[PDB]
Undergrad: 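Pasting a structure below so you can have a look.
Heads up: chain A is whatever sequence line comes first, chain B the next one, etc. Here chain A follows the PDB entry for its numbers: 3-50, 56-156, 162-402, in order, are the residues you see. Chain B is numbered as in the PDB entry; the shown residues are, in order, 3-50, 56-156, 162-402. What you see of chain C is 3-50, 56-156, 162-402, where the numbers are those given in the PDB entry. We number chain D the way the PDB entry does; in order, the residues shown are 3-50, 56-156, 162-402. Ligands are counted one by one from 1 in listed order, and the atoms in each one are counted from 1 as well. This depiction is restricted to one part of the PDB entry, and every contact reported falls within that part. Atom set for the values below is all heavy atoms of this structure, side chains included, hydrogens, waters and symmetry mates excluded. The deposited model was determined using X-ray crystallography, 2.1 Å.
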There are 4 protein chains.
Amino acid sequence: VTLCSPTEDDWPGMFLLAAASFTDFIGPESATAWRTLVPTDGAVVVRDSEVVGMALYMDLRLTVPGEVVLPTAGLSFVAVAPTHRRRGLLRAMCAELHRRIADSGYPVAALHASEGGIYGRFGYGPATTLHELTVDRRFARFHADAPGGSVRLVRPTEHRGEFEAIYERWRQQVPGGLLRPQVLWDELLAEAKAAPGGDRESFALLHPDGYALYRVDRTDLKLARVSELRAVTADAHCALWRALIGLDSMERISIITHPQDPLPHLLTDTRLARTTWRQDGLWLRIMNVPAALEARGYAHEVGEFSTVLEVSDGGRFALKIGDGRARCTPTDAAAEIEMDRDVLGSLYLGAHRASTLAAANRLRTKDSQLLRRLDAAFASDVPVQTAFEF
Amino acid sequence: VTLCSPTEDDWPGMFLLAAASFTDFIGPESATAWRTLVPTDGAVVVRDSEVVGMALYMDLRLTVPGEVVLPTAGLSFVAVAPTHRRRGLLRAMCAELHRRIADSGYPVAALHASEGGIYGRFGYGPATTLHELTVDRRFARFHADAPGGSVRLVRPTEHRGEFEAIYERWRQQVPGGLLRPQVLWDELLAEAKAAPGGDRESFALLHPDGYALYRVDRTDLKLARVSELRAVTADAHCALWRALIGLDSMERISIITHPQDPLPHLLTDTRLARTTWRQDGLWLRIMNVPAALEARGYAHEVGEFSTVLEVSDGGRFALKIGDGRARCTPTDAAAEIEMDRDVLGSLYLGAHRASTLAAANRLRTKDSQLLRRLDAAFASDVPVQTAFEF
Amino acid sequence: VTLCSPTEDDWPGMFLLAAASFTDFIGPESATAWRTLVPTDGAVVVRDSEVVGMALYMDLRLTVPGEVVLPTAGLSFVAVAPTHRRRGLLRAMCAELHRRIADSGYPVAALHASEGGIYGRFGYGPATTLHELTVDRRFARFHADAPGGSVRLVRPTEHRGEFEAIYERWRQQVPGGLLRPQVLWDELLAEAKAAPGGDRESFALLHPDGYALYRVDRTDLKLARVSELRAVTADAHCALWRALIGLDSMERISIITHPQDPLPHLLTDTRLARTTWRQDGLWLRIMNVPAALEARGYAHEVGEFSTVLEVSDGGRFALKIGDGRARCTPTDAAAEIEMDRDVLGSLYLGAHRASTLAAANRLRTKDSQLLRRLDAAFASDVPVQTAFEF
Amino acid sequence: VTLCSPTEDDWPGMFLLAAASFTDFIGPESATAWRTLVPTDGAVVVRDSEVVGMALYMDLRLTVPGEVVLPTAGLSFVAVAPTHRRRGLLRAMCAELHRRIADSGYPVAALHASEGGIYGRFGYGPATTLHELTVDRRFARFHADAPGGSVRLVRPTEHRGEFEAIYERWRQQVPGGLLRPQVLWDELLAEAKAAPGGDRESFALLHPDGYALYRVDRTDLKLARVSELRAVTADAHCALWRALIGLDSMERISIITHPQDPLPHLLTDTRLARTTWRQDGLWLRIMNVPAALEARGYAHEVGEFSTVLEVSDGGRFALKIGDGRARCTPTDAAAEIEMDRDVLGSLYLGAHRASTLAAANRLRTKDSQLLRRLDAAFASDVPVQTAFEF
Ligand SMILES: CCN(CC)CCC[C@@H](C)Nc1ccnc2cc(Cl)ccc12
Ligand SMILES: CCN(CC)CCC[C@@H](C)Nc1ccnc2cc(Cl)ccc12
Ligand SMILES: CCN(CC)CCC[C@@H](C)Nc1ccnc2cc(Cl)ccc12
Ligand SMILES: CCN(CC)CCC[C@@H](C)Nc1ccnc2cc(Cl)ccc12
């Protein structure tokens, strides 16, 4: 049992483990676009001879509060063979990639978790919240205050340029935003066409400042699933939902969105936009505590304050926050706040309140005023959204 | 079609309309406890002769941010006969009760809505959020950080005094908290016993600083439903959930809680606490804008600011917020913020952000800095919860 | 945390823990009949003051192969409070009752398990198999060979004497048979009547040599559930099933029976008797290995053989089996067969083959001929059935 | 309406009737491999001109107790047109094939039945039992006694040689085992690949002494279906199940196995391996009573005995069984045992006990000692399994 960077000769064994581990994984052609994002030395394999474990990271760009874009190591393609469970393979692979990621100078790593109980112990905290809304569009009426009482129905492949430009504006202005490389647009637009005994055709609704990609469900022919709605203005968001609610042959429109989606408030009956599912989205491991805390912007409303933050096995820092900026310097002064690394990841994009984590003892301080100040400072003006799964 | 305060001779016709309108309504004995809370002139009936419409309010005490307790008119028992729809009965009954409530000096009215599209147009905004969590307790393990790694299993009727004292502490410290009168404790403890072909027996878990009332579901014998968990400390909340997760004969524990319930963070897998349902809880109509805005406490973190707020048909006010206090005085100066009355009710307990309502055009300003300041100021340190339905 | 025999003052706390632990437990009146079977010193309670754990045994008579009746300690009413999990309460209660049971001279203990993963580690093996058959009686035709091509439809309470006499003959001739005391007949016949919003009335089919007790399902009005069919002859079994298949208003007849129920072979289509559920029934802990192995009869077909059997922490014995009898004497000679105590319980009534347990390594020998001889000898001529849950 | 051996010109009409009769039947390419197993004169067709009935047999090799391999006529492709029901076509086709099978010298015929009420009257008895186990693998823990606390994840098409060799060892040592010809391995490995809008890819787990072929369900993405597990040793069976329980992305693993599968005993909770389905597997018609009874081996444990067996319209025989061998000679001496031919088929591989068939009057004797001796003698040391459907 050795742990190495894979050679081109390892990739067939990796694709077998992938096919057997990931139901969404069609075959090698799938991985081609994503592999362009994996740097030299971005991958590890465990050999027993055959591949019994693998893991890699991709080079991503993640938007954080203050419209700051961080280089981000996106962990993916993580699998242990069913023959080799409880042998410490995941721990050994995560330790090696984290060493490489930290040495390469990434301030943060990120992943999407297949289960919620695995990645906490390696320092990852859930940092965005997926919120599925299902609208019974047969009853949906727009409120007198709703704007637009400008959208075209189009084939996605015919308007690639406009989708790319709208998404680029959205990903730079929204925390959780990720740069989407041309190879991932190629993939996305390939999935837009109908598959024999698979998905139905995707259509687009296109506004100058937003787009919605949607397709009728395979089996439930009265359900339209919105795969992605990117709106740069409130006017575009409202205009796009007026068009979706105009899908008169549908009973129901579902979307995976974020907890602060204003959709319900656009309707005379807010209860029509039902939360049908909630789950952790992006997970974040802070690799360098001071680089990460200094990089993000903070709420201007909270006045200047100083404290001492200890991350369990991640350092102790003098943290001063004022005028929307943090300074985070080494100290041996007594800790006023303590938390595990994963908790910091959960606070970092504003998706979870320090007060909530404190009430579960995840965050530890003896100062309730300091807790209120942390809550306010780490809050994000622009609500955190989830870009695309990787 | 006349609209009057009911005489004792009207109540049999009101109980018939009630039985036909409310599936939860067993008979006159139900209403007895609640009727002790209805003041003289708290009720209206429409006669065609028989009762075709009714509505009333109860005298309540509602906790708002800053631990301030407001006298509150609780609208309830609202029904129009199925013979008399689209005759303006609800509008006429709500106009009359609102006149009486305002003249009596109540700063706020509140209700629980049977549908989400009715009460907005009469000035009520959804002000609390019901959040059902279902835990698959067979997988639930507590996180190493969770406290208490002190609770007794008891019969509710044998510990009335301790439940009453715990709830009284909780309702004074939590926004959304409602005073519970002795007659409603009588009702609650009567519903605790098993019913022939109805609910199963309720049990209690009792801690010095919290209690949980729960009962196995009628038909799903592997589901325990927590009807009410009131915890005054984080230690009590955690200790009570350790005991609920100890119900080894159950697969699932469900509770109707609030969006900031720390339960998920107590577990090694946060995904185990699944959101299975979300809905508006308490609705709030601000009756007197200046009395209500001056009564509640505000976030100390936001520095002093002044603006001019117009409520559509509710006045225009110079609003100055600093040191956690508001002053709200008449002005004819130009409005910087405009919103309908219902929107103010939705902001008032901190359950909805001004920014979210602004993005749906419900709240209207041309100043993004003022929006951030309103969001921060109206936010509640202690998360808003829902007391009990009325 | 003390462990004691309960006084009459402990029983209210035991009934609270019972109500909270067992959904089938109506109240103290339930336990009255069963409590007549609990000997002095048959019960233990753990006090923290309130009852946080309890367990007891009843005096039973269990039929084993060879029509031999053993005094049997029936463990029941076992519960640990949800407040007191992972404190070793079950282990401490089982250790104390086992000490008392062994000292009192019981050769075997027995229980029905609420979960399949608990009792193995205390030496209990599953010893009978519950097998639910559902017949689509609309297609059921009897085979030309089936007997009876003599039964009365009766009210159970009017023929108590005849049911008692038939059951007494059946329980003495069938391994798994249990003596049913008059107080359990009182209970059974009380459950025969309809309950408001509960079970429907039970009817009986009565033959001189068998009876079937059945009732239409609460909600599925086309399903008849046979709660108990006791047939002393093949003619009675066939005659009773002809009558059940005559329930022309039903679609389906279900029964919880044993794997060798001949019902399917009575039909022209054996597939009509569908196995819809299977589960462990009675569990058996052999308390005294030599007393138990010498008491039961063995297959006459297998010729005399001798071996040395070791039970893990239960002794090593020279075991000689011939002419349907075993002699089982102390030895320090080398073990030819080894197994944990629970495995012996699983073999004891003939429900599980030594060969099957050997293939999972539960039973360990290096002699395949000895395995075939054990399989044959422990096999039961009369198939093992399950009497009634306790 | 004539009954003939088909010419090559009949096969298009046979493929039409096949397509209309068998949902599993894709087209002529399906039948190609199976047709290599049909001897000259192995097929009959009824013509009205078009094909309204067909039936054929394949040359098979079936393993019976004692590791004896019998030439076996496998009936298959049996269909009557929906236009021609109740015209005696099936009876006429079965009479003709049985004449040919008996004259060709086959001692037994076998089939898989589409319904359970058809083939009894033509002398076929159900001889193996299909037993579906579904494991909730999220709770599955191996017992301390389980072996292996050696398997590779592989693509089936890349290890054909090893699967062929393992299966050949398994089919010779297991009653119910069938020789699998190269053309059926070609078919099997063709079905291993994914189909557009059909089955997902199959994977293999490969041990030196066993293999498991499995694939994720089409629609239930948390269910893995084991299509075939062939283990020549207990160590291989346990090692393969450790790997299947390592499919961490699955909730449930299902397999169609046999009633004596030791899997449940490998787990700390035997109840986790739930029986979700049971059905007759292989059916057997004894064509030559003396050839069949003399060919199979018998239990060595039962001492020498002699009896006289009558098969209804199948002869009367002096049957002497001792030292694991039978001698079966013509007699006119009085019958001590009588049964229809189908009953003998059901006894022949040890899947059904003589005592069980006797209790339904299918087997008739006045000697209970003779019944015990038949039960013991016909029992199979190695439990009967089902090879592959034909
Ligand atoms: C956990 C399930 N998986 C892994 C295949 C899908 C995750 C989401 C999708 C868009 N990501 C992917 C889909 C397909 N191939 C890929 C190859 C690499 Cl290297 C990385 C990510 C990939
Ligand atoms: C909309 C459905 N309803 C009205 C009966 C139940 C609402 C919640 C319950 C606890 N409230 C009530 C239940 C029963 N009776 C009552 C009598 C009056 Cl005056 C007021 C409230 C009541
Ligand atoms: C595990 C679920 N339980 C325990 C109450 C029911 C088991 C089957 C039933 C017939 N047994 C019982 C039912 C009711 N009360 C009883 C009191 C005693 Cl001491 C013992 C057994 C009892
Ligand atoms: C009753 C349903 N059927 C008959 C097609 C499928 C039975 C099982 C499968 C593996 N057997 C078969 C599948 C496909 N074609 C075949 C052609 C012949 Cl001659 C015999 C058997 C065949």
Undergrad: Drug name at ligand 1?
TA: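 It's listed as chloroquine.
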Undergrad: Okay, contact question: for chloroquine (ligand 1), which chain racks up the most heavy-atom pairs under 4.5 Å? Name from UniProt, please.
TA: N-acetyltransferase Eis
Undergrad: Counting only non-hydrogen atoms strictly under 4.0 Å, which other chains reach chloroquine (ligand 1)?
TA: A
Undergrad: What makes up the binding site of chloroquine (ligand 1) if contacts are defined by heavy atoms under 4.0 Å?
TA: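 By heavy-atom distance, those would be A:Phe24, A:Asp26, A:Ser32, A:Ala33, A:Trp36, A:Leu63, A:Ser83, A:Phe84, A:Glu401, A:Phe402.
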Undergrad: Using a heavy-atom cut-off of 4.0 Å, which residues UniProt lists as binding acetyl-CoA in chain A are that close to chloroquine (ligand 1)?
TA: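 By heavy atom, within 4.0 Å of chloroquine (ligand 1), there are no UniProt hits.
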Undergrad: Hey, which atoms in chloroquine (ligand 1) end up nearer than 4.0 Å to a heavy atom of A:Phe24?
TA: 1 (C), 2 (C), 4 (C), 5 (C)
Undergrad: Note the single closest protein heavy atom to atom 20 (C) of chloroquine (ligand 1), along with its residue, its atom name and the distance in Å.
TA: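 So the nearest neighbour among protein heavy atoms is A:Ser83 OG, 3.5 Å.
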Undergrad: For chloroquine (ligand 1), which UniProt domain of chain A supplies most of the contacting residues?
TA: N-acetyltransferase
Undergrad: To check your reading of the model: name the closest protein heavy atom to atom 13 (C) of chloroquine (ligand 1), its residue, and the distance in Å.
TA: A:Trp36 NE1, 3.7 Å
Undergrad: Starting from atom 7 (C) of chloroquine (ligand 1), find the nearest protein heavy-atom neighbour and note its residue, name and distance.
TA: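 Here the closest protein heavy atom is A:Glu401 OE2, 3.8 Å.
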Undergrad: Find all atoms of chloroquine (ligand 1) within a distance of less than 4.0 Å from any non-hydrogen atom belonging to A:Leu63, and give their numbers and elements.
TA: 19 (Cl)
Undergrad: Taking only heavy atoms of A:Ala33, which atoms of chloroquine (ligand 1) are found under 4.0 Å from at least one of them?
TA: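 With A:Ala33 as reference, the close atoms of chloroquine (ligand 1) come out as 15 (N), 17 (C).
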Undergrad: Can you find an N/O atom of A:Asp26 closer than 3.5 Å to an N/O atom of chloroquine (ligand 1)?
TA: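 Yes; at least one N/O pair falls below 3.5 Å.
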Undergrad: Could you check chloroquine (ligand 1) for N or O atoms lying under 3.5 Å from protein N or O atoms and list the pairs with distances?
TA:
from: chloroquine (ligand 1); atom 1: 3 (N); to: A:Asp26; atom 2: OD1; distance (Å): 3.3

